[PDB]
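Here is a PDB entry that includes lamifiban.
The chain called A is the first sequence line; B is the second; the pattern continues. In order, the residues displayed for chain A correspond to 1-214 in the PDB entry numbering, which applies throughout. In chain B, numbers come from the PDB entry; the residues present are 1-454, in order. Heads up, chain C uses the PDB entry numbers, so what you see runs 1-134, 138-219. Numbering of chain D is taken from the PDB entry, so the residues present carry the numbers 1-466, in order. Computed over heavy atoms, backbone and side chain alike; hydrogens, waters and symmetry mates excluded. All ligand and atom numbering here is 1-based and tracks the order in the structure. Method reported for this entry: X-ray crystallography, 2.4 Å.
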Amino acid sequence: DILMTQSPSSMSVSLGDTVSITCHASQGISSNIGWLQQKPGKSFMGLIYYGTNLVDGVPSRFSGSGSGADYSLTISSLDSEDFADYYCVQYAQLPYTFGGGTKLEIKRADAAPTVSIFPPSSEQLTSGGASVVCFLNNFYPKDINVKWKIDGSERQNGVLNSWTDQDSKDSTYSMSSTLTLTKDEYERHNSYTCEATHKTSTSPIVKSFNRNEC
Amino acid sequence: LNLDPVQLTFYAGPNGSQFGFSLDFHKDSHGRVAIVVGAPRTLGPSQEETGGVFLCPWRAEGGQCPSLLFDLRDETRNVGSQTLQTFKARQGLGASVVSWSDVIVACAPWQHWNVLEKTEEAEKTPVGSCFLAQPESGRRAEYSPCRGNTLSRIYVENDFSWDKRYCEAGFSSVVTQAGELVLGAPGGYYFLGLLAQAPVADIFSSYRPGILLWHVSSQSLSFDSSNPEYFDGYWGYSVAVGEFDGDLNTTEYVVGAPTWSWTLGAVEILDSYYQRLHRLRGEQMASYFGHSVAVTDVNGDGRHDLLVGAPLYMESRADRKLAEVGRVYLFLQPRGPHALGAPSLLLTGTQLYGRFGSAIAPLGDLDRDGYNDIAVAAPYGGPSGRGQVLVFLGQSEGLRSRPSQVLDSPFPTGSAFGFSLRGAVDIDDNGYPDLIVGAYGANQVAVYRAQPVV
Amino acid sequence: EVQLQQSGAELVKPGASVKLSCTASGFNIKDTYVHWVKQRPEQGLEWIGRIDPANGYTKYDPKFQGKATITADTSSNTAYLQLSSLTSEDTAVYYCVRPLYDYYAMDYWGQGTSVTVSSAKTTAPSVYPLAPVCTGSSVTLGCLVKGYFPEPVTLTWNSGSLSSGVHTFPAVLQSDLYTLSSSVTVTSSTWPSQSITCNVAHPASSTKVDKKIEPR
Amino acid sequence: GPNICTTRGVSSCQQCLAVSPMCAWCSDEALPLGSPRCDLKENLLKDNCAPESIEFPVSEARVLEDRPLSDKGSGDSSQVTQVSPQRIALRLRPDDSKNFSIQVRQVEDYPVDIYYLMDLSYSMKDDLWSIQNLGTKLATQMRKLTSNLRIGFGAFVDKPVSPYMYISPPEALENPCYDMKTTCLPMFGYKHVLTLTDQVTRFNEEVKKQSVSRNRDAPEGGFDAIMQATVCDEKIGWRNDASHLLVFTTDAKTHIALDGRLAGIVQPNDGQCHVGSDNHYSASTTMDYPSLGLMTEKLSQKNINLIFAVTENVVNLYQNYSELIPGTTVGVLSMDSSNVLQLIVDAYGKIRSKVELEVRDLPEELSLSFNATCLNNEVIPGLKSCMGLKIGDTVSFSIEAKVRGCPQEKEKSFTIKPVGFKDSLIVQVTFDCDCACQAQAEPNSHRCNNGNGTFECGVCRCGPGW
Ligand SMILES: *[C@@H]1O[C@H](CO)[C@@H](O[C@@H]2O[C@H](CO)[C@@H](O[C@@H]3O[C@H](CO[C@H]4O[C@H](CO)[C@@H](O)[C@H](O)[C@@H]4O)[C@@H](O)[C@H](O[C@H]4O[C@H](CO)[C@@H](O)[C@H](O)[C@@H]4O)[C@@H]3O)[C@H](O)[C@H]2NC(C)=O)[C@H](O)[C@H]1NC(C)=O
Ligand SMILES: N=C(N)c1ccc(C(=O)N[C@@H](Cc2ccc(O)cc2)C(=O)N2CCC(OCC(=O)O)CC2)cc1
Ligand SMILES: *[C@@H]1O[C@H](CO)[C@@H](O[C@@H]2O[C@H](CO)[C@@H](O)[C@H](O)[C@H]2NC(C)=O)[C@H](O)[C@H]1NC(C)=O
Ligand SMILES: *[C@@H]1O[C@H](CO)[C@@H](O)[C@H](O)[C@H]1NC(C)=O
Ligand SMILES: [Ca+2]
Ligand SMILES: [Ca+2]
Ligand SMILES: [Ca+2]
Ligand SMILES: [Ca+2]
Ligand SMILES: [Ca+2]
Ligand SMILES: [Ca+2]
Ligand SMILES: [Cl-]
Ligand SMILES: [Mg+2]
């Protein structure tokens, strides 16, 4: 099969910018390439076919170019609706193969996360389980790391993370981490911590609580 | 009657190009009339015959014409694990030309096409192709509705049904007043013959160079058949349009099928969905009834009439002998919804092998008497066999039985003077419609200007 | 206009079989190729195969040989994707695609059909309040929704009242069941002064439980 | 009494004879003033007219050549007689008529040429097998009817050009049967194989080396082959004094004139020979199929009797063509040509079962009428063609020649010939409108108004210029 190496994985830019996605193929495909758009939580829309031809109904700020095995999609002067996912696709050979994808994200000044740790609930503990929740809200850039420590020692088994898309108002991301222990193992220990590593601080932002203690 | 045979105008093309094989009038965006001439054996870039088109400005002195340029290079596309190729050698570009609005449509009926997939192939076959140009803007487009990418093995397994590989699309062509291009393809469906229609606007807007295989969603093709009467009938050898069902919102198609039903010949009138409204059967086998058709109201009742050329009709003569002279049939359209009856008039040639009826050109109202007139070609007629064009004037009962004027060929023997004809347009703006006659054997076109009635 | 209206979201068990539909509106499905594409967040977009509804001929990616079966009925102007011997890995959204002009392109896309394979039963969620630990100017509460199936759920603070400054997070599959959480941020003067409530509705099992957040 | 010879009042001898075929003129000096000189010949001798001065020519008809009809067409360098008489002298006076006779015989043991023109497209593969002994088997059966048989062979497929011909891949051009599991010849239009010869085993051995080809469309280019087999006299080898049989065998429709435009061919068929030393038809890819009219002209010009030997599925088609090509015979061919021998023998009998007369170069002022004697001495008025005949039968016709007025030219000759026959009857016609006394007149005679007139035949005529 033919590998479609689409770069970059994502990019942070602003309205009015002139950005350019690229797509490299494992061999010459002679302009038999299409470009797609997937707006968040929605289906697809064709942009380019045969390398340079606009699908009917597409603004002219979109444009395609390239030859051989290297092609590029360019968006002159970004609009607000242009922040979505984009894929290249080859049809020079069967099977058709797609690129990895490229998410266009909103650029803004860095922001540090607001950490908050929540001990297990009284109702949940009486059922036999114990879940410590840690919320990391409103930060930028998207890259972040969460580390769970029980009695000062790192813990990796039983964690469950979840992220949100770039918020519409402030262009910040947020994260939810959940450690789930049995009630019996939750009480063998006392300290419970979630560490947050972000580029907005060399020192990891820490929040914790001791069991029984308040 | 009042065409001037003394002061002619001659346009000429390259030797051996068959300049004059087809022609039509062309009005630019400002209403200026020119002549588009096809030359289906003009040499391409590789010194090989490919065909060509010429756009002749109107000059009373005639002369040479500039070329209307089209891409003559063979094309190759590797896509979908296949190889598409077009072959323009000896394609015959300009075997038919037609004009509508400010657009010229020139077709290459014998352009070949094949598709390669590993060891298999679609087979190199003449699907034909038409080229579209807007001369003032330089816009270009193509239309090839019979290209396919099915491999040869599939047609064999399905008994060659819907086999569009030998279409020769563009063999005949015509454009409706609304802008619908209609192509005749007499080799369609394994030589049964088909029609292909699409709006000129949608042909332009859906075309991009290098695709070779694309969709024109608004197009509509005729249908295959299991009836042996249609086998090898060359349905689409000639095409025309007119109003025949009373409803002025629908355009009806007229299709010639000169070998229909074991070479009996036939002409059919259809609606734009290719459902049949009437069928005119040939009178004599191998006479090529349907070789040519034209639509014009000759008796001034506002209802389009129909004439059919049978250039090889053999007239009965003394001592149980037959003489190939050709014949033209005229069918007057009856009032309201009724069938076209028996022929109203039979015009029969005189010179042996003259092929009277090879072409039939509506002239409009030549003598300005209120009735439309026609010109019939006998490209090998006349006392010398050099070719004649005979003019017949309209009247209240149809057409005159005798010609008002005969035009003898001004060219040498073998020019096929009259093989192509086109009238009903005033090229010099004198108020009278004129007549352009092609003589592809001499690589020339002659212009006959109409004058006030003497 | 060219529109591709696919069938509704499916929910099936492993080993069973499902058959999706793609109906052509505004055109004849016989006109062009019709492709099927599978989308997963990690693996991305994968091409299943194509059918030419004019003659029923098909092509397939060898990765899907056996599981995928593409058919088409020109009568109802509809194409089909049948999937057999389903698996966890066969959980994705499926699109039908056709070209605009170029015979081999991929320009028009259906809305997409969601498929979910699971042996899980209809299980109701378990709402838990999340109060902070024994200070600043801002205060953040939360709510936990654990162990329900299938999706989705609607979560609202004070029944649509408190809306701004709220984050509800996408559900996550935790061993055949889903889990979701939502946070909410106000000022220190607001709480525990005013009574904030987590409103969780799960229509599948038809439940609307609500927990009030109590401090510690 | 007063007849139309006198009551009409003539002025000269010439004017007298042109009144009625019965009038006579008396060129004698001794004749009463009131008595006429233009009367019935009886009434002239009744009035003492010197018999030598009587001008009364009589319409006659005497034979010049009168060879007897042959009994056997064998032997001779075509010293055979099948029409008798071969030349007569006809003489008519103005508005008169005279009758004469002609005998026509279907001579026994007449030489025969048979050129076998065969469809060799793919469906005739089995036909080739069943005719590998035809040359000898046919020689056996024709030996009962003629001692001078010559046979030949040619084959056709169609115009070797797209779209009739498969042109891809390159292997298909050398072997059109490549995508099957066989080998066939490359496509050929028309090839001559065997010039007419009496060595019949040349037919068998040539046919055994023949094989079929293959093309795309059902109609085939057989009419191209019929034209070349007709106009290439020397190459096919027709004899000047033999019945020419052209056997055309096919199981399919045929291309016709104006079909070639699907191959880009628009040039009309010129009706000339284009088979060179390679024995292939060299204009196949550049010249259109011939029309039925042009085929008729050449067949009649070369005396070729065309035989459509076709299968049941196309017998109606070719029966309808044969009605447009008079003189053409049709027979039903089996799906493997196994019955072609009896087909040819019955076609030859049908060809020689008719005697149809033809008139050439008949003057405008001459009209002819015919009474036919066919079968057994039965007269059939107004008929010039006998049918239902057998080899050796003889028929006869009674012709009457009536002339209207008297023409300017006094000597013309025309021809009576049976359709397809070599022999003919040459009728030399002389128009006897003058008097021999006119070739001895006195220009500027003293007795005629003081030299103002001319004296001829006993009367004074006004001289030239008056
Ligand atoms: C070779 O040549 C023959 C002779 O022409 C063709 O045979 C003729 O074919 C036509 C068309 O099919 C037939 O026309 C039909 O005639 C019918 C009446 O004919 C009767 O009387 C004749 C007397 O000779 C009989 O032979 C015959 O069997 C019938 O008993 C009509 O009823 C038909 O009318 C219908 O069709 C026409 C369109 O064709 C419509 O306009 C009518 O409204 C109606 O629907 C029809 O006119 C003709 O009868 C045939 N003649 C003979 C003698 O058979 C062959 O077809 C031709 N073959 C080839 C291969 O070329
Ligand atoms: N659209 C339709 N209704 C329609 C479709 C197809 C046809 C048609 O003609 N098919 C062909 C199918 C065929 C058969 C044998 C072969 O090798 C190659 C092709 C057919 O039967 N031939 C008749 C015999 C002839 O054999 C070759 C020869 O003689 O050299 C070739 C054409 C007619 C009508
Ligand atoms: C052909 O036969 C007809 C008889 O059917 C001949 O016509 C008759 O000729 C005799 C001759 O004296 C007349 O008395 C009759 O009145 C004629 N009958 C007619 C004209 O009906 C005719 O002369 C014969 N002609 C030839 C050339 O043989
Ligand atoms: C003319 O016919 C008569 C009988 O009607 C016949 O006796 C005579 O011989 C014929 N004329 C000739 C020249 O044979
Ligand atoms: Ca209409
Ligand atoms: Ca009319
Ligand atoms: Ca007029
Ligand atoms: Ca004019
Ligand atoms: Ca056979
Ligand atoms: Ca053929
Ligand atoms: Cl000139
Ligand atoms: Mg054949």
Margin query: Curious which chain letters or ligand numbers map to lamifiban here.
Written below: ligand 2
Checklist line | Top contact chain of lamifiban - most pairs under 4.5 Å, UniProt | finding: Integrin alpha-IIb heavy chain
Next item on the list: List the other chains with a heavy atom under 4.0 Å from lamifiban.
Entry: B, D
Check: What species name appears in the entry as the source of chain B?
Finding: Homo sapiens
Next item on the list: Check each atom of lamifiban against the heavy atoms of D:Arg216 and keep those under 4.0 Å away; list them by number with element.
Entry: 31 (C), 32 (C)
Notebook entry, point to check: Does D:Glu220 come within less than 4.0 angstrom of lamifiban, counting non-hydrogen atoms of the residue?
Noted result: yes
Notebook entry, point to check: Which of the atoms in lamifiban, numbered in the order shown and given with their element, are less than 4.0 Å from a heavy-atom of B:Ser225?
Noted result: 2 (C), 3 (N)
Next item on the list: For atom 22 (N) of lamifiban, grab the closest protein heavy atom and report residue, atom and distance to one decimal in Å.
Entry: D:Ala218 CB, 4.5 Å
Next item on the list: List every atom of lamifiban that sits less than 4.0 Å from any heavy atom of B:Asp224, numbering the atoms from 1 in the order shown and giving each element.
Entry: 1 (N), 2 (C), 3 (N)
Margin query: Any idea what name the entry gives to chain D?
Written below: Isoform Beta-3C of Integrin beta-3
Checklist line | Residue, atom name and distance, where the atom is the protein heavy atom closest to atom 19 (C) of lamifiban | finding: B:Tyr190 OH, 3.7 Å
Check: Against heavy atoms of D:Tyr122, which atoms of lamifiban measure under 4.0 Å?
Finding: 28 (C), 29 (O), 30 (O)
Check: What atoms of lamifiban come closer than 4.0 angstrom to any heavy atom of B:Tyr189?
Finding: 1 (N), 2 (C)
Check: Does D:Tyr164 come within less than 4.0 Å of lamifiban, judged by its heavy atoms?
Finding: no
Notebook entry, point to check: Counting each atom of lamifiban from 1 as listed, which ones have a heavy atom of D:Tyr166 under 4.0 Å away?
Noted result: 18 (C)
Short N or O separations between lamifiban and the protein, below 3.5 Å:
| from | atom 1 | to | atom 2 | distance (Å) |
| --- | --- | --- | --- | --- |
| lamifiban | 1 (N) | B:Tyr189 | O | 3.1 |
| lamifiban | 1 (N) | B:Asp224 | OD1 | 2.9 |
| lamifiban | 1 (N) | B:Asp224 | OD2 | 3.2 |
| lamifiban | 3 (N) | B:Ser225 | O | 2.6 |
| lamifiban | 17 (O) | D:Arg214 | NE | 3.0 |
| lamifiban | 17 (O) | D:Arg214 | NH2 | 3.2 |
| lamifiban | 29 (O) | D:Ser121 | OG | 3.2 |
| lamifiban | 29 (O) | D:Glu220 | OE2 | 3.3 |
| lamifiban | 30 (O) | D:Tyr122 | N | 3.3 |
| lamifiban | 30 (O) | D:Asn215 | N | 3.0 |
| lamifiban | 30 (O) | D:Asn215 | ND2 | 2.9 |

